[PDB]
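Chain letters run alphabetically, one per sequence line, in listed order. Here chain A follows the PDB entry for its numbers: 1-219, in order, are the residues you see. Following the PDB entry, chain B shows residues 1-218, kept in their order. Technique stated in the header: X-ray crystallography, 2.4 Å.
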Amino acid sequence: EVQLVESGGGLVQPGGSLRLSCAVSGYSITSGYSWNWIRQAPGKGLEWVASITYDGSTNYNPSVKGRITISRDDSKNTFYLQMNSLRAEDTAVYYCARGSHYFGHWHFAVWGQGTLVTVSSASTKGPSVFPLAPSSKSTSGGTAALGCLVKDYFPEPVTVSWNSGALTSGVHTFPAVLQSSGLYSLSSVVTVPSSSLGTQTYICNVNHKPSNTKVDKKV
Amino acid sequence: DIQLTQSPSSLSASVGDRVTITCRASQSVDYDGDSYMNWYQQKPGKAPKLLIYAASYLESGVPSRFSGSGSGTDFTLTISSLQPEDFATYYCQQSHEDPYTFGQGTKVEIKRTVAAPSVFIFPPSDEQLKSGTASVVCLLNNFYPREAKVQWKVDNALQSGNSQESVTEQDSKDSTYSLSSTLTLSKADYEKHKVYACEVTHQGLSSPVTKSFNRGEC
């Protein structure tokens, strides 16, 4: 019943500033012992950066010493992360998380979904979506593959579902690859019964928030 | 200040097998008899999930197959019997001193029986061709192990430096992987050739498998 939902992710100019927010639901921020931000560079690895205690005490990882401000708004049931003088090193998925009243406090049982922050001089570019049409050459056994090619976008990430999330079984959405152009390209496929290709409609729903691009492609 | 080192960095194991992962701190995380080491599980595209707190306590709602032990500077996460849904990166985290720190993560894969790829190939769309480029896509579906070789051939010329591939994480459904290779060419180059082939070599195939098509049926 307690969810952490985050906003403020996206493209940021090197030297610029970011402002993340974690909106708490099903729980009062004031009841929390601790609220936190933890980031993870795409490469991998988790890093705690900041915390605010229920009394308002703030704490920061020296790794980002003096360019961070954790704060909260009790009437909004929300807390915030602000950083400035952003470097490429600051590109990471940023997670909010709740600490505990028990057992040393500083372990996190509740997290938000995370938001990606990309620090780059490049500009946003929405993707093109092309069909990956079923064929006899995509029908090996009594089962056919079709998909969508989400090509030439920046920055990450892109969201891909099928039939408005109604079709999950057999769906593979691949990790984006970075092209020599500096743009990202990604494919999503779904294996389905070849006997339903004539009677069932298949729509991949593509979302790229950074460019405000949404596409629904029938294949 | 305070450095945690896990081992191994990566491991692969048969379903049901016991799995143990080590965490070593640079200083003690002991305090009032309690040990402030924690363990997280992170599945792809997900926030870390807390498994163990205070070295040995099972977090509510986590399966009993996961357990923690240790104290001072030596800590152990164990999974009694590895389940398919257990593929993930596992982290240890000390909560004794600020700058709260994590281990580098241990990657855990389920080792299943060999399963050969199902290969599919997709021609460029006319929609894309009008844009001046042609992407050809090859799909290798549900295979194990992860390693696979994909060769692109255009009228039997081996293409190199011309394509990119991506591999899904392990699917818990059946412990396989999938892989997408995309061959990119100019429309001009695409229109000038006929035979587009995707050749695949995998441990599960006695010999390579080639899926192809001829432009004019694309």
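This structure shows the drug at chains A and B to be omalizumab. Checking the PDB entry shows the name of chain A to be omalizumab heavy chain. The deposit gives chain B the name omalizumab light chain.
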